[PDB]
Colleague: 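This entry shows cocaine within the model.
A note on names: the letters A, B, ... follow the listed sequences, proteins ahead of strands, and every chain is numbered from 1. Atoms considered below: every heavy atom in the structure, side chains included; atoms not considered: hydrogens, waters and symmetry mates. Counting starts at 1 for both ligands and their atoms, following the listed order. Per the header: electron microscopy, 3.3 Å.
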Amino acid sequence: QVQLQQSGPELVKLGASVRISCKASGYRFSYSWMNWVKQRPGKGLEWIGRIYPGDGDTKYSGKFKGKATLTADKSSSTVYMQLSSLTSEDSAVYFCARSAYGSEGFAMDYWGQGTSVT
Amino acid sequence: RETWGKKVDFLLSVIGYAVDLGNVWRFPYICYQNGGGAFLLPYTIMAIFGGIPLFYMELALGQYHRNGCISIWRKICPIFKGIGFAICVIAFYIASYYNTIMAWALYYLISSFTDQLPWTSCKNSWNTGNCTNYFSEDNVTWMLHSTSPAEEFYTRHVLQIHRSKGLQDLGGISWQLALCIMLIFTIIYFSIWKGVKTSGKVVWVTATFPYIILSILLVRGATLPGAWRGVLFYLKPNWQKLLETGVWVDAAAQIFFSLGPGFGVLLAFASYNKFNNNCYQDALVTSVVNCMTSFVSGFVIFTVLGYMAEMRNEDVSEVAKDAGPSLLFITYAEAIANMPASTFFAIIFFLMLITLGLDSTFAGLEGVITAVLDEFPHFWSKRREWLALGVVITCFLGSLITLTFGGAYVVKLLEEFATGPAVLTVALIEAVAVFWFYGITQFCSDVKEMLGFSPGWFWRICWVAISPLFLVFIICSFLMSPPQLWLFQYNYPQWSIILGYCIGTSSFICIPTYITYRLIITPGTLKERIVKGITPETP
Amino acid sequence: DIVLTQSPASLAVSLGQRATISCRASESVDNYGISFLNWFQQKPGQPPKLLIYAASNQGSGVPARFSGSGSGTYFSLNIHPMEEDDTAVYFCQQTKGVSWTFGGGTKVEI
Ligand SMILES: CC(C)CCC[C@@H](C)[C@H]1CC[C@H]2[C@@H]3CC=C4C[C@@H](OC(=O)CCC(=O)O)CC[C@]4(C)[C@H]3CC[C@]12C
Ligand SMILES: CC(C)CCC[C@@H](C)[C@H]1CC[C@H]2[C@@H]3CC=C4C[C@@H](OC(=O)CCC(=O)O)CC[C@]4(C)[C@H]3CC[C@]12C
Ligand SMILES: CCCCCCCCCCCCO[C@@H]1O[C@H](CO)[C@@H](O[C@H]2O[C@H](CO)[C@@H](O)[C@H](O)[C@H]2O)[C@H](O)[C@H]1O
Ligand SMILES: *[C@@H]1O[C@H](CO)[C@@H](O[C@@H]2O[C@H](CO)[C@@H](O)[C@H](O)[C@H]2NC(C)=O)[C@H](O)[C@H]1NC(C)=O
Ligand SMILES: COC(=O)[C@H]1[C@@H](OC(=O)c2ccccc2)C[C@@H]2CC[C@H]1N2C
Ligand SMILES: [Cl-]
Ligand code: NA
Ligand code: NA
């Protein structure tokens, strides 16, 4: 069994920063990509990036190269995520997911719980 | 008639022909499987007894008549003129999978041009599942179906073998491999465009880089943790395994393959030599150089294997579950991935493999061109380029089927067939014809006129006593042991063995067909029919 | 960054009617025989759940009614039959080796 745990919602002021973690257990933590998505209230999903715990390689899709940073800690088998310069535009819920194997097309099968960031 | 030009040109060309891509993995595997560290003594004995004499005979035959690989028989024994066609078809069959392996190596070199080697980690798309076959395992882990990331890179990105269900589901053509093989083919065509002058000019470059590359690889492997264990593994005599004829047969087959008599390359190369050239010294130098090169290659391969085993904290030969062309692209790929200098050494090794294959490809194509052309002397105006283009196109068509996604299966089938009893039987036919129909005394007189001194009694008794006996023993041993092919998680079906046998027979069948054609084309009685084809045609 | 467009934006399908959802990308997502495209499904106030991986194989805890097929550029997802619990937004996302982008989603009502 694979279970992903996420922290509770937080409150972010103008220009502040937030730290979101994701505990992974029940599978090979170092051999599965950890990716995060952004879901606006009433809107669709939005990919924010990914990170490989076994290599520390982070990939960014949009303009979040300098806005979102992805860090991984293999000691506690959890993946962190940091965002800088947070405003009310991004007042959405961020999810955490683990990518599946390559033969399954990097399936985003396992999800977390989502944190309501204001 | 044109000569080789410089004496060093022919020596370097034949040395590059002697060294082969298959001489870097087959020799260590056959020395480890049979004999062990004591494998050198039967190897050396078989070499001295039956490989050097064949090389000397082929060099003398090429130098005497200054002809190709079909007209030589017509000059010595017209009843056996199918040997040229057999050599041509053998060379084409070999060159198909050879150019396929060249395309694979070129693709590996192209993909190894990045700062981070793509097969270091299994985070990419081609690597999907098992990833517990790694280096420096801090924590204990073991699965019965583990797969190395380098194996996934080789079998799912370069070969893309996962898209094919074997020899049956053979569909899809890789475009990157197609481009790599096209560039390799055009490089080969430009290398042998005009003739032997350009061949020697390019051999001067691509026959010296492999040696310095091997020296660099050896000095790198020596200064590695655990190289001593591999050294002892390569140098651990096992005299208990030397009590059966199987090891002797394997050593004789290995040395015959490495030296390569009857391939139709030595005759063509010696045809361009001067009439007053000492072939004895050339043959001895080539033999010792090839032997030392094979020994150095075995040393470096075993050193790398021992270093890998020490890094994996396990005994050696457990990291070599597969033997063949994939052995390099797996073990050496992992070793350079774990090496502190990855890109440079990977590029150097891939360039070494490219040069090793290219030299043999030029030698084979030049031999085929000489054999085909010398049958028709009336085509010395502008036919050389057209013939080169035609043989290149034929090789491309033959390798097109091997260029598919599941082309590794057919490549291995050819390499185990395309190279094997079909060539040894041709060499045996050549030797038996020369030493029984042309006459041993006649050949000795001819070589004495060539050099100035009659050959010693050692070669005279060897060529008639032990070389044909060893060749027929090799043929009998190989024909009495059906092969059991085994690629990655795949067992070859029964019909694959039949297909391999038929394609191997299609080369040797040239000699009986030409025998029947000459029998039915030469007028006379039943007794005089053979007589006409035995005596050489008057000049 | 491959741009993915999902049409129609809103689907009105009742019980007993096949619901086909198709999204078309801009570049082919097939490189090694596997289509790097997956279909999701999320309920309001619920995390999204994977339905089919590689656009051809069903998931672990996904009902067999969420069949999907397609290769190259055009992909289709058909649900037949469907119940009142399928009134969820379906998303298709590419998983290329350079960057990942999300679609727009279809608001399934009833
Ligand atoms: C031990 C491994 C790791 C590296 C060793 C390198 C040698 C095996 C290579 C490097 C240069 C090669 C040499 C390049 C020059 C030729 C000249 C050639 O000289 C001739 O006999 C003809 C020349 C003439 O006609 O003047 C003899 C072979 C030789 C020495 C070659 C023999 C094999 C050599 C030494
Ligand atoms: C240093 C060792 C561990 C490397 C293993 C390779 C050698 C043991 C083999 C490889 C090539 C063999 C050589 C091939 C050429 C012949 C020529 C031969 O010259 C002759 O005088 C015999 C012919 C004649 O007199 O008619 C002497 C032995 C020799 C050097 C052989 C000796 C043993 C050799 C060097
Ligand atoms: C006389 C006319 C002959 C016409 C052609 C006949 C072809 C017959 C079908 C191919 C016969 C088997 O083909 C040959 O099998 C032998 C073992 O048997 C394989 O040999 C393999 O195992 C042996 C050990 O037994 C090793 O020493 C060898 O290095 C390895 O390649 C050869 O690689 C393959 O070339
Ligand atoms: C590791 O490799 C093994 C075998 O190489 C894989 O086991 C096979 O998996 C496929 C697909 O999951 C099944 O169809 C086969 O039946 C399995 N083989 C056996 C003998 O059961 C295993 O899935 C790989 N690990 C991964 C992909 O994570
Ligand atoms: C597989 O056989 C070869 O590659 C042969 C040879 O190559 C060819 O004869 C050849 C023929 C046609 C195309 C390419 C190579 C190089 C050396 C010497 C004999 C043998 N190899 C050990
Ligand atoms: Cl050898
Ligand atoms: Na050789
Ligand atoms: Na070579």
Colleague: Enumerate the ligands or chains that make up cocaine.
Modeller: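 Every copy is at ligand 5.
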Colleague: Mind checking which chain cocaine (ligand 5) touches most? I'd like its name from the PDB entry.
Modeller: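 It has the most contacts with Transporter.
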Colleague: Hey, which other chains get a heavy atom under 4.0 Å from cocaine (ligand 5)?
Modeller: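 Heavy-atom contacts come from B.
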Colleague: Working on a figure here: which residues of other chains come under 4.0 Å of cocaine (ligand 5) (heavy-atom distance)?
Modeller: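 Within 4.0 Å on heavy atoms: B/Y17, B/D20, B/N23, B/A91, B/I94, B/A95, B/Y97, B/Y98, B/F257, B/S258, B/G260, B/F263, B/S360, B/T361, B/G364, B/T419.
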